[PDB]
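Report on the following structure.
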Amino acid sequence: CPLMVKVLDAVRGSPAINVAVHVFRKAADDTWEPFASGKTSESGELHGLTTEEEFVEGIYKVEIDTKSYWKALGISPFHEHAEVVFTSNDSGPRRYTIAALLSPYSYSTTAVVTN
Amino acid sequence: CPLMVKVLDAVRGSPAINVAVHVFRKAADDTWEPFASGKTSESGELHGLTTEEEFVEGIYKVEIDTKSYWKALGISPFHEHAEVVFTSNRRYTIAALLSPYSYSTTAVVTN
Amino acid sequence: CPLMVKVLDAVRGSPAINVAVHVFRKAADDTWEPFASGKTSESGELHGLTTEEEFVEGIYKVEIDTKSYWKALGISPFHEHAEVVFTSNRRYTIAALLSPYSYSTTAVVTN
Amino acid sequence: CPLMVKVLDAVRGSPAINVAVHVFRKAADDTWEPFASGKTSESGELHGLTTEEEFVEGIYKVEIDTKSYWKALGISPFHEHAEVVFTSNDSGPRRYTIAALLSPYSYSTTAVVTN
Ligand SMILES: O=C(O)c1cc(-c2ccc(F)cc2F)ccc1O
Ligand SMILES: O=C(O)c1cc(-c2ccc(F)cc2F)ccc1O
Ligand SMILES: O=C(O)c1cc(-c2ccc(F)cc2F)ccc1O
C-alpha cells in the first residue's frame, strides 16, 4: 500500500486512536472526489487505504477529523480538521506516510516519502 | 483587525516573505466562498485581511500558498498549500511554520 | 536587545505567561556558566535578557522551564524543560510552542 | 527495550539516517552520566539502547546530534543538537518513544508513552 496515515496526541503523549481519516482526489472539474477512508488503529496508524493500482498520479487531500477526536476526549479544540493536500508523483519514491501531531490549538504534519 | 496571519521559514530561520494567503468562508449552500486575500510582508505578517464588521460568525478556511512560496525560491515542496479550517464565534492570529515536506500551524486567540 | 524569547501554549492557543527562562553560556572550561534569566510577560515574550555588549560570541543554552509552567497550571508534563543550544557569531528570536508531551522550537535570526 | 528514538527530516521528507544519539542519566551529584548511545537506522529509528533492567527511574537526557546530520548533507543548521530531558516513571506506561522532526532552524520533539 503506497499511502499510510499516522496520528499522534501531544497532550497525552500517545497515538491518536480511532481518528477518522478521509482521502479525496481532485477530479477533472476541480471538485474533491471521495477516494478512501478509515480510522486509526490503537497504534495511531491507518494502513490499507489504497493499492498501487488505484493510487494514480494526481492531487490528493487527506482530511484528519481532529475536532471529533478532541471532543470525544472532553477537550475543546480549535480546528475543524487537519488537511494535507499534495500532488503524488510516480517519478519520486514509492511510499507516502502522512504523519500528524495534534494539539488542541495546533498541529504539525510531515510527509515521509520512501521506498 | 480581528484576523492576522504570520508565516515563518524553518529552513532559513526567517519570516516567510511574499506568501499569498486566501481566506474562504463556508456559504449557506456549504461551498467555500472567497472572503479575503493578501500576502505576507517583510515581517512575515499579513495584516488588514478583514474588519470586525465583516468577520462574522462562520466556518473559515485560511489557505496559505506554500507551494508557490517554495517554488518562487527555487524549491519543489511536498504540499500544495497549508489549509487551516476553523469555526469562529476576539483576535485570531494564524501562525504557520514552513519546511519543504512539513508545516506546523497554531492559533493564538485573544481579546 | 539581541536575544528575545517567545513562548506559546498549544493547548490553550495563548501566549505562555510567566515562563521562567535561564540562559547559559559555555565557559572556557566547557561547563555551562549562568548568563541571564527572566520570565515571559503577558504577551509570552521575554525582552531585555542581555545587551549587545554582553552577548558575545559563544555557545549558548536557552533553558525554558516548561515543567514548572505546566505544573503551575495543575498539569503533569513529560519534559523537564526545553533546551535550545546554539552557537552565535544580529537579533535572535527563540520561539517555543508547548504541549504537555511535546514542544517545538524555532530560531528567527535577522539584523 | 523501554526506550526508542526516531528522527525524521522535514526538508527531504525522509527518515533522518545515521544520526548520532547519546543518552545520559543524572547522577546524584547532578552531573550527566553517559548511559547509552547509537545511530539511527535507515528507517530513522534507534532500537536497543537499553534494557528494562538498566532503565531505572531517574532523569534522562537524550541528545540528538542534529548539527552533524545537517552538515553531512551540506546544509547550514542553527542548533548544536536537540535535547530531550525527562523523568522516567515506573507507575506510568512501559515504553518511551522519543520522536524528533528536524528542520535546519527548527525542531519538534514528542514523547509517545505506551504499553
Ligand atoms: O509534524 C509531524 O507530524 C511530527 C511527527 C512526528 C512523528 C512521526 C512519526 C512517528 F512515528 C512519531 C512521531 F512522533 C514527530 C514530530 C512532528 O512534528
Ligand atoms: O505552528 C506554528 O506556526 C509555529 C510558529 C512559530 C513561530 C511563530 C511566530 C514567530 F515570530 C516565530 C516562530 F518561530 C514557531 C513554531 C511553530 O510551530
Ligand atoms: O517552533 C515554534 O516555536 C513555533 C512557534 C509558533 C508561534 C510563534 C509566535 C507566535 F506569535 C505564534 C506562534 F504560533 C508556531 C509554531 C511553532 O512550531
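Chain letters follow the order of the sequence lines: the first is A, the second B, and so on. All residue numbers given for chain A refer to the PDB entry; the residues shown span 10-124 in order. Here chain B follows the PDB entry for its numbers: 10-98, 103-124, in order, are the residues you see. Numbering, chain C: per the PDB entry, residues 10-98, 103-124 in sequence. Note that chain D is numbered according to the PDB entry, with residues 10-124 shown in order. Whatever order the structure lists them in is the order used to number ligands and atoms, beginning at 1. According to its header, the structure was obtained by X-ray crystallography, 2.0 Å. These values consider heavy atoms only, across backbone and side chains, with no hydrogens, waters or symmetry-generated copies.
PDB records give the name of the drug at ligand 3 as diflunisal. Most heavy-atom contacts to diflunisal (ligand 3): the chain UniProt names Transthyretin. Other chains near diflunisal (ligand 3) (heavy atoms under 4.0 Å), by letter: B, C. Among the atoms of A108(B), none of the N or O lies under 3.5 angstrom from an N or O of diflunisal (ligand 3). Heavy atoms of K15(C) found under 4.0 angstrom from diflunisal (ligand 3) belong exclusively to the side chain. Using a 4.0 Å heavy-atom cutoff, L110(B) is listed among the residues neighbouring diflunisal (ligand 3). Diflunisal (ligand 3) has no nitrogen or oxygen under 3.5 angstrom from a nitrogen or oxygen of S115(D).
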When you check diflunisal (ligand 3) against the protein, what N or O pairs turn up below 3.5 Å? List the atom names and distances, or just say none.
residue	atom	partner	partner atom	Å
diflunisal (ligand 3)	1 (O)	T118(C)	N	3.3
diflunisal (ligand 3)	1 (O)	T119(C)	N	3.4
diflunisal (ligand 3)	1 (O)	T119(C)	OG1	2.6
diflunisal (ligand 3)	3 (O)	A108(C)	O	2.9
diflunisal (ligand 3)	3 (O)	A109(C)	N	3.1
diflunisal (ligand 3)	3 (O)	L110(C)	N	3.4

